[PDB]
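See below for the structure under consideration.
First the proteins, then the strands, lettered A, B, ... as listed; each starts at 1. Note that these values count all heavy atoms, side chains included, but never hydrogens, waters or copies made by symmetry. Only part shown; contacts counted inside that part. Ligands are counted one by one from 1 in listed order, and the atoms in each one are counted from 1 as well.
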Amino acid sequence: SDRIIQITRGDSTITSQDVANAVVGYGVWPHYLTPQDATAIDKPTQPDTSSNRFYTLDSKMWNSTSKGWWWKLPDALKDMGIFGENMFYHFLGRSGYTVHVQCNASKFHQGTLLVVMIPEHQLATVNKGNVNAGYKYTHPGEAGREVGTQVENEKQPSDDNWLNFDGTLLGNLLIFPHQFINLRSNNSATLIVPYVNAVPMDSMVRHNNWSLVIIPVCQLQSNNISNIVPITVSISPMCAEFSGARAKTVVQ
Amino acid sequence: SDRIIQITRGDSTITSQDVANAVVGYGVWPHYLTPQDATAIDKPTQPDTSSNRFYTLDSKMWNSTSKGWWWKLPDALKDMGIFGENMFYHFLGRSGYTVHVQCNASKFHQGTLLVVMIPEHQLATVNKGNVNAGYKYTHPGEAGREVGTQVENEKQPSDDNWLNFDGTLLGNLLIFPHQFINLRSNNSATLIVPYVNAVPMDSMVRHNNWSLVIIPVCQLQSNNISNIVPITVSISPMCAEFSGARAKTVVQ
Amino acid sequence: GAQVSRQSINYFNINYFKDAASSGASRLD
Amino acid sequence: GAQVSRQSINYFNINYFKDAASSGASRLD
Amino acid sequence: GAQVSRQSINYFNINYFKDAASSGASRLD
Amino acid sequence: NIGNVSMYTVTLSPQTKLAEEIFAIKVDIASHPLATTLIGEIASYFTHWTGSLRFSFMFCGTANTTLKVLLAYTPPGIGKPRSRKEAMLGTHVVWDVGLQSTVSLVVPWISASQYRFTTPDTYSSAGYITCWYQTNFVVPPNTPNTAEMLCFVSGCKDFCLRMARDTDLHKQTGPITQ
Amino acid sequence: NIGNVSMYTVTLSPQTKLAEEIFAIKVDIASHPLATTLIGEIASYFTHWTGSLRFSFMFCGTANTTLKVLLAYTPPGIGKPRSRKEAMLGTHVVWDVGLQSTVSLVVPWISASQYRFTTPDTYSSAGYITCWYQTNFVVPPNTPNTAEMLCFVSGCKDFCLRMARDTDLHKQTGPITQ
Amino acid sequence: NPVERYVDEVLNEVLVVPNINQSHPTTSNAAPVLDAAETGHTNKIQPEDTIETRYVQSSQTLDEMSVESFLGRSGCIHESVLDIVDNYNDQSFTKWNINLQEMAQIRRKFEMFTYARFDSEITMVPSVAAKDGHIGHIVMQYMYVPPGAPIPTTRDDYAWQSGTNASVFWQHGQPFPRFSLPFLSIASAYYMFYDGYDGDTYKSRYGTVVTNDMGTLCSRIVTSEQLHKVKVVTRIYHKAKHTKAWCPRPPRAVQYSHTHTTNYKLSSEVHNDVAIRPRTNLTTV
Amino acid sequence: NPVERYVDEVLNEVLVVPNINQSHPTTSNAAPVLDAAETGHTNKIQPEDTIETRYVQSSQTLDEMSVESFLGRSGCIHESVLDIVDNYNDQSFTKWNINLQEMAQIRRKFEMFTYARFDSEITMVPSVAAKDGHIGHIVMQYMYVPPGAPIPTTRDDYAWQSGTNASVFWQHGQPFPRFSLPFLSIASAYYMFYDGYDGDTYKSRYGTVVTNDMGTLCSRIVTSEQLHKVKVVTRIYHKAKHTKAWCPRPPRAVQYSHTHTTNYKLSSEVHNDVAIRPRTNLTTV
Ligand SMILES: Cc1cc(CCCOc2c(C)cc(-c3noc(C(F)(F)F)n3)cc2C)on1
Ligand SMILES: Cc1cc(CCCOc2c(C)cc(-c3noc(C(F)(F)F)n3)cc2C)on1
C-alpha cells in the first residue's frame, strides 16, 4: 500500500497509516563525511544506534487561531540523550535527519499544515534597525517557538508568518524540501534531509543548519472543537558524527 | 631503550622515561564482544576515540604515614567525558583499560608502591556481623578512598591494608595483575587489562569489575621531606561498548 | 537386545525387557 | 553407550546415563 | 577398559577403576 | 475489575493535557499483570527464561476514531519513566491507528546474563513497558468519546525456558474428592 | 610487626662490624615464615613436595645506595650457619645492588628421598636460607641511612606437590551463618 | 550419524533456537509491526524487524520444553492408608478407584492438553509407622483389578490369589516397587476433558467419569496379625513415558473441587480464588 | 593412540614435569639471577642457571594438582537436623537455602578462584538416632525447590507431591542417596566473589547473595508419627565435576563469619586471627 510507512532508526520504529510518500531533501540521502571532503584531521566518533534514533519533541496544540511553529536543528535536540551529550562535548558535529510530523484528526475535520525544512533560516527582526535576533531566541530548544505569543524583548525575531520571519513570501517556501499535512488526505509528513553546509562539519552550538517550520495555511475546522488536535514532531539524526572532543560546553 | 614508553589512546599520549615494562593482565589484550559470546541482541554503540582515551584522576599525596589508596572501575570514571555519559544512558557496558600510575621523586628518595588490579574485589566490613559495605562507600568516584581517614559510619568497609580489605594477606596480592613503583628504579607502572566477567556485558552502575589498589609496602623516605611527592593515576578505557540505551540514570 | 552403532564411539542403546512400555524416555524431534 | 577403542587392549569408556553431568571426573590436559 | 585377546577363547582382562592401585593381584614371572 | 471481562481492556479518550500516561507494567514474563497469560503460566513451570517478547495491541474504537500512541520499553538499571520524553529515550514504537487495528512492540532480549529467573528476583528484573499519548484521541461529532484497547503477549523466535519446577500460580489446600 | 605491612620488609643499614647476619629462615615450603605465602598455602593442601625453590629479593633503598649481600642455602645434616664463612661453604649467590633491583637465589632440590613431607617433620627438613653482608651498605651524605628489602618465593620448573589433604592454616570454630 | 544423534541427546542440543541476525535502519511501506489480531493469527514480527539488531549466535535449546520432558516426571497421584487401630481383619486391606485427578500438581499439567497418549511408570513409596514400637516383618501386596474382575472383600478373599491379575509384593527393607503400564485406553488417546454423557436423560453422568474407568488398586498387609500396631502409608507416583498430546488449552485458574469434573467454588471476593493480584491502578508497576 | 592416553590416565602420568639438565661453570655478562620485580613478572631462572647441575630424569607428574583434582572431592556443605521433641507435625520437616558458604573447608578451596564453572555430585549421609529406643521404618524425602516454586509449610503441604520438582526418597537401610546436577547458573560461570549490588541505593545488597540464588532444599520424614522419637541428621556432601576456574586469588587468611560475605572479626592481638606465627627475631629459624 502506497499510504503506509514504517521507519526504523536505532531502537525506534515509527508508523503511519495515512502518509503522502516521503521527501528526500535535494535528492541526497544522508551519508558520512568522506576523506576527500574532510578537513578536521582527528578520527570522528560515530555513536550509531545510540544517537541515530527518533527523539520526540514536546507536543503543540493546533487550534483555529494558530499561526505556526518553528524549531531549529540541531538545537531542538540539545537535551536529547546521547546525541545531545555529543554535541556539547565536541567542537564539531555533522548529521542528517528524518523528520516525522504527526497530526491526526478525523474525517469530519479540515485543515492544512505546510511542513518545511529550511537550510540557513536566518531570522529577521522587524522595525529595529540593525539589531539582529538574539541567541536565546533562535535557540528555544525542544519547545520551539509558537508564532504569535512572545513578550516583545528587543532582540526578538520576526513573528510574521506570511513573510517567513525573514522578508520573503510564504507561498514560495515550496522551493525548500516540504510536504503538507492536509487532514482529509494524510496524518503525517516525512522528510529525510542530508547534511547541507559549505564546510564539512561545524559547531553544533553556534550554528543551526536546518529549521523546521510548520504553518497552518488552511484553518483547522470541525464541528467538535472541544477535541484537542495536537501536532507532534519526532526527529531522528542520521549518520551523526562528532569531532574535537573536550570538556562539556555550558551555554548561557 | 627498554625503559621508555609512549602510550597513545584517542587524543591522549602518555610518556614515561623510567618504566619497568608493561603488564597485560592474564595475557589477554582488550577486544570487542564477539557474536558467539554476545547475548543482548541490540547493536552496541562504540564511542571509539571519544571514550577510549586517558582520563586523569585527582592526585594523591604520598607521605611517610600513607597506608594506601583504592579506586574501583568503572566507577572512578563516572564523571569523565563521553565514557561517563555512556555508562549512565545505557543499561549495559563493557570495557578494558590501560592504567598508568605516575609517581616521581628523585635519586635521593626511597619508597615502594605495590600497584594492583583486582577483579571482583568484594570488600569486607570488620566486627559488624553480616552488615556489608554500603553502596556509597564502594563508589567513591575519581577521589577514591584514602586508607586510614574515614569517620566510622556503619556500612564502612575494612581499612586494613595488610588484609587486603577483604580477609586475605597482602603478600599474596601478587597473584593478580600488578607492578611495583620502586622509586630507585621506575616512576610509573602500566597495566593493561581485558574485560573480565562471567557475563559478556554488565551494569556499569551496580557492578565494579576491577579495583585499583596502591599500597606503599616500603615507606617514603628522603632528606628533603618538604617536597611533596604526589601519585597520579590516568586511566584509559579500551574497546568500550554500551547497549540498551534509555534515559540517564541518576544515582543516590 | 539392542542397537549397536559405530563411527569408534559405539552407542549400545539397550532395551532390557520385551515390552515397548518398559523403555525409558523417548528421543525428541 | 560408549567409545570402544583398539590396539589388543580395548578401552570401553562407558557413560551410563543420558546427561553429560552424570559422568565421572574429566580427562586432564 | 580392558585387554581382549583371541585364539576362540577370549580373556577379557578388565580393570574397572582408573587407578593402577585398584586392580587385583599381579601376574607372576 | 477482577472477575470481569473489563480486566482485559484499557480505556482511551480525548485528553486535556498532552503526553499523558496510559499504562505501565513490568516486562518480566512471570511478573504480575502478565503471570496469568499463557506464556506467563508456562514460564511459571520453569526457573529461567531468555529471548524476546512480543506485545501486541488492538484498538477497538469506531472506524472514525483516530489516535497515535507511543509504546515504550525501558531497559533495566533505571526507574520506570515519569514522562513521555523519558520513556521515548528507550526502545519504542509510535503506533498510528488506522485500517490495521493491531500493532506489535518487540521487547528485545537486553540482558547482562544469557538467562533470567522467571520469578520476581530484582537482579534479573527486565524493565518496563509504558504507553503514552503521542497526539490525542480524536473523534468527529456523534461518536463515542471513549474506546478500549486489548493487549496481547507471546514469545519471539528466540524465546526459551529452562529448569522445570512446580508452579505457584495454582495450589491445593484440601483433598480433591469423588 | 604482624598486622602491619612492615612484616614483609627486612631493614638494612651501615654496619660497624663486618659480615653481620641479616635474616635466617627454614627453607621448608610449608614451614613458618613461608607457610602463608601462596606457594606455602597451596603446599599445605598436599602432603609431599619436591623440586627447587626460587627466592627473590628486591632492594628498595635510593638509587644512590650501594650494597653487596651474600644469600646462602645450607643443605641439611648440619645446624644453621653461625658466620658468613660457615654459610658461604654451602650454595650461595653474592648479590650486588645496582640498576636491576632484584636478585634470585635458587634452592636446588638436594634430598635423599625423591619427595619430602610438607609439614614440619625433622627427617625431611630441608635446610636454611641465611643472608649476610658481603661488604656494607654505603650511602653518600644527605641520604636515608636505612633501607628495606622485599623477599619473594615461587617454585622452579621441577616443583611438584603430591597427596591432597586438608590444610591447618585455616579453621572453623563455630557456625558460619546467614 | 545417529551416533551424532546420541551426542546431541547427551548434551541436550536436539532442538536449537534460531540466531538473531543483524538488521539495519529501514524506511519502507511494508510495515511488519502493523497487523490485525482479528484474523486469529499471531503477528509474525521478530526483533530484527523493529529495532536494529546485532548478530548473536543462539545456543539455547528447547529439549526441556518438549512434551516428553514436561509430562515425564513422577508426581504423587495417591496416598493409601492402612491404619491398624482395633481390628486387623478389617483394617489390613483397602482399595482405590484409579485416576490422575486427586493431586492438583500433576492433574494440572496433564490438563493443559485435551487428549494425551502415553505409557506409565508407577513407583510406590511405602512407609511403616511403628505406633506401638515395632514393625515386625511387613510384606505388602498391591493388586491391579481391571474393571470387571472380582474385588476382595476380606483380607483372605480368594481374589488375592491373583491367578490372572498383576500383583506386586513388596517386603519391608527392599527397594521401592516400580513397574510400567502400556497405554490402556479403548480409544486412541486418553480424554483429559469430555463434553459428553453416558446417556441422553437428565440423570446421565457428564464428563471424564464416562470414559476414564481404569479399575481398582487393591492392597493389603500380607503379614498376619502382629502384636504391635502399624500404620502403613503407600504413596503412588506416576510418570508419563513416550508421550503425545493434542489440542493445548488454558491452565486451571481456580482450585479443583472434585475428580473428573471442572466444577469450582467461588467466594464473595473473587480475586482470592484466582492467582491474579489486584493492581493499584493501570500505571503502578 | 588414545589407548596410550588411557594408560597415562591409569598411571597418572598425563602431565609430566621437565628434567634437570647438566650445566657448567660460566663467566659471562648475561646475568639471569638479576632482574626487576617491579615489572610484575617472576624471574624465569632455573637451577641450571645458578648452580652446576647434573642430569636428572624427572618422574614427577602434575595430575593431582589439576583443578579437576583440587576441587573434585566430596566435602560436607550442610548438616540438616529433624529432631522430634514434642510435636511431630512441626518437627518432621525443614528447609535450607542452598549455598557452598557454610563449611569452611570447601568454601576456602573454591574461593581460591574468582569464577568457576562445574557440574555437581551430591551425596547424602542420613543417620537416625533412636532417642527412645526404636527407629521403626524411616523413609525420608529431600526435594529441590528451585527459586519461585512453592515452599512447603506443613508436613502434608501439597508441594510435597513433587509434580515437577526433583525429589529423592531414601529408605533407611539402603545405600546413601546420590545424584548429579548440571552447571546451574544463568551466567557462564559461578561467581565466587562479586563486587556489585542489586541496586544503586544505600540499602542495596552487596556481594554474592545478589548472584548466587540456588533455591531451597526441603526435606521431611515421610513416615507418619511413630511412638518413639528419632533425631535424623542428614549431612550433604558436594563434589565438583568437569571443572574450570578463572583468575586465582589469595587464600582466606582469617576465619569466615557469615555466608556470602568476606566480612571478618579482628581481636585486640591480631596475630591470633591469622595463621602467621610470631618470630622471635629475623634470625631465629
Ligand atoms: C487419564 C488417565 C491415564 C491413566 C493411567 C494411570 C495409571 O494408573 C494406574 C495406577 C496409577 C496404578 C496402577 C497400579 N498400582 O499397583 C498396580 C499393581 F502393581 F498392582 F499392578 N497397578 C494401575 C494403573 C492402571 O489413568 N487415567
Ligand atoms: C556458587 C555455587 C555453586 C553451587 C551448586 C551447589 C549445588 O547445590 C545444591 C545442593 C548442595 C543440594 C541440592 C539438592 N539437595 O537434594 C536435592 C534433591 F535431591 F532434592 F533434588 N537437590 C541442590 C543444589 C542445587 O551453589 N553455589
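Drug at ligand 1: pleconaril. The chain sharing the greatest contact count with pleconaril (ligand 1) is, according to UniProt, Capsid protein VP1. For pleconaril (ligand 1), the other chains with a heavy atom below 4.0 Å are labelled H. In this entry, the organism cited as the source of chain H is Human rhinovirus 16. In this structure, the binding site of pleconaril (ligand 1) at 4.0 Å (heavy atoms) is formed by H/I77, H/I98, H/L100, H/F118, H/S120, H/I122, H/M124, H/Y142, H/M143, H/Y144, H/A166, H/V168, H/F179, H/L181, H/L184, H/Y190, H/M192, H/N212, H/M214, H/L217, H/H238.
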